[PDB]
Undergrad: 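Here's a structure for you.
Chain letters run A, B, ... following the sequence lines, proteins first, then strands; residues in each count from 1. Just follow the structure's listing: the first ligand is 1, and inside any ligand the first atom is 1. Because only heavy atoms are used, hydrogens play no part in the values below, and waters and symmetry mates are left out as well, while side chains stay in.
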2 protein chains.
Amino acid sequence: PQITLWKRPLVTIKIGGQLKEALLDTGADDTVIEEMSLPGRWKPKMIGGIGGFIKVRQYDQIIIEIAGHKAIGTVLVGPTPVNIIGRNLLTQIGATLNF
Amino acid sequence: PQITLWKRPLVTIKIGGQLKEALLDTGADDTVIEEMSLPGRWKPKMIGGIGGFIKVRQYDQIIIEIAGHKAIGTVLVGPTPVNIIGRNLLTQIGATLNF
Ligand SMILES: CC(C)(C)NC(=O)[C@@H]1C[C@@H]2CCCC[C@@H]2CN1C[C@@H](O)[C@H](Cc1ccccc1)NC(=O)[C@H](CC(N)=O)NC(=O)c1ccc2ccccc2n1
Ligand SMILES: [Cl-]
């Protein structure tokens with residue numbers, strides 16, 4: 001599978017039993033999802049990007065499916081305008097940047 | 001070359017005749033470089049990310065070298081925390097995401 005970048009590399013994910021669209025993002029350390037109820041324990045975190053920081057809820061050991069690939073890892077929930085799959089999960093689904 | 005994502009995908013770039021380090025970022029539509037003196041005509045623009053928008057200088061038709069590959073395109077210059085190479089130039093150097 002190879003994804004060119006003339007458009008946003010959006011894929012379908014399954015998280016908390018719901019389908020969402022998310023951006024495959026090699027520039028993001030972390031995976032950040034829009035506000036949603038997720039069951040289970042979490043802890044407060046702040047994460048930064050181009051316009052500054054947002055508060056998120058950090059959930060560890062979340063089961064997620066990304067474009068058909070299974071993953072288990074940390075998901076941050078908070079007011080991102082776009083759902084983002086960052087390197088912590090891109091490494092699990094085997095993504096590489098070929099240039 | 002193929003980049004795994006266990007670490008940040010940082011590469012050397014050449015802009016304005018100066019070497020810098022920048023992040024290869026499939027989640028960014030645009031290329032944003034830290035404040036620097038750069039010759040060329042520009043115009044103001046807002047660009048956004050997590051945390052909101054920042055004001056930048058939009059330079060069109062800038063010659064940039066990214067990991068040894070020459071590209072020409074729009075560069076935004078402003079108070080970004082990190083230099084980022086986004087899809088407008090990743091496509092020009094032929095970068096793909098594979099998995
Ligand atoms: C998600 C998080 C874990 C916080 N990581 C990061 O944000 C790190 C931070 C690094 C240090 C500072 C400079 C940016 C780098 C790159 N990144 C990721 C990097 O990939 C980040 C991910 C992202 C995408 C969409 C919207 C928000 C955020 N992209 C961006 O910050 C780019 C900047 C640009 N080109 O205009 N934003 C966008 O391309 C973009 C697209 C759609 C939008 C819709 C509404 C509002 C904003 C929107 N921004
Ligand atoms: Cl919900």
Undergrad: For ligand 1, which chain wins on contact count (greatest number of heavy-atom pairs under 4.5 Å), named per the PDB entry?
TA: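 Greatest contact count: HIV-1 Protease.
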Undergrad: Hey, which drug is sitting at ligand 1?
TA: saquinavir
Undergrad: Would you pull out the other chains with a heavy atom less than 4.0 Å from saquinavir (ligand 1)?
TA: A, B
Undergrad: Closest non-hydrogen protein atom to atom 41 (C) of saquinavir (ligand 1), residue and atom name please, with distance?
TA: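 For atom 41 (C) of saquinavir (ligand 1), the nearest protein heavy atom is B/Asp29 OD2, 3.8 Å.
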Undergrad: From which organism is chain B, by the entry?
TA: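 The entry lists the organism as Human immunodeficiency virus type 1.
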Undergrad: Return the residue, atom name and 0.1 Å-rounded distance of the protein heavy atom closest to atom 40 (C) of saquinavir (ligand 1).
TA: B/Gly48 O, 3.8 Å
Undergrad: Which atoms from saquinavir (ligand 1) have a heavy atom of B/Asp25 less than 4.0 Å away?
TA: 16 (C), 18 (C), 19 (C), 20 (O)
Undergrad: Okay, neighbours of saquinavir (ligand 1) under 4.0 Å, other ligands or ions only. What have we got?
TA: none
Undergrad: Do me a favour and list the nearest non-hydrogen protein atom to atom 44 (C) of saquinavir (ligand 1) with residue, atom name and distance?
TA: A/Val82 CG2, 4.1 Å
Undergrad: Output the list of atoms in saquinavir (ligand 1) that are nearer than 4.0 Å to some heavy atom of A/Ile84, sorted by atom number.
TA: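 In order of number, 1 (C), 22 (C), 23 (C), 28 (C).
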Undergrad: What are the atoms of saquinavir (ligand 1), with element, lying closer than 4.0 Å to any heavy atom of B/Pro81?
TA: 12 (C), 13 (C)
Undergrad: Could you tell me which atoms of saquinavir (ligand 1), counted from 1 in the order shown, lie closer than 4.0 angstrom to a heavy atom of B/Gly27?
TA: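 Near B/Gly27, meaning under 4.0 Å from one of its heavy atoms, saquinavir (ligand 1) has 20 (O), 24 (C), 29 (N), 39 (O).
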Undergrad: Do me a favour and list the nearest non-hydrogen protein atom to atom 7 (O) of saquinavir (ligand 1) with residue, atom name and distance?
TA: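 Of every protein heavy atom, A/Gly49 CA, 3.8 Å lies nearest to atom 7 (O) of saquinavir (ligand 1).
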Undergrad: Identify, for atom 14 (C) of saquinavir (ligand 1), the protein heavy atom at the shortest distance, and state residue, atom and that distance.
TA: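 Nearest protein contact, heavy atoms only, for atom 14 (C) of saquinavir (ligand 1) is A/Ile50 CG1, 3.7 Å.
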Undergrad: Tell me, please: is B/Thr80 in heavy-atom contact with saquinavir (ligand 1), that is, under 4.0 Å?
TA: yes
Undergrad: If you have a sec, work out which protein heavy atom is nearest atom 35 (N) of saquinavir (ligand 1) and how many Å separate them, to one decimal?
TA: B/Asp30 N, 3.0 Å
Undergrad: Would you mind running through saquinavir (ligand 1) and noting each atom that sits below 4.0 Å from a heavy atom of A/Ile47?
TA: 4 (C)
Undergrad: Which residues in other chains are near saquinavir (ligand 1), meaning a non-hydrogen atom under 4.0 Å away?
TA: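 Non-hydrogen contacts come from A/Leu23, A/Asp25, A/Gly27, A/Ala28, A/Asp30, A/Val32, A/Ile47, A/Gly48, A/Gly49, A/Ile50, A/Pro81, A/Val82, A/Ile84, B/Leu23, B/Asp25, B/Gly27, B/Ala28, B/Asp29, B/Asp30, B/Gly48, B/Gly49, B/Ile50, B/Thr80, B/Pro81, B/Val82, B/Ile84.
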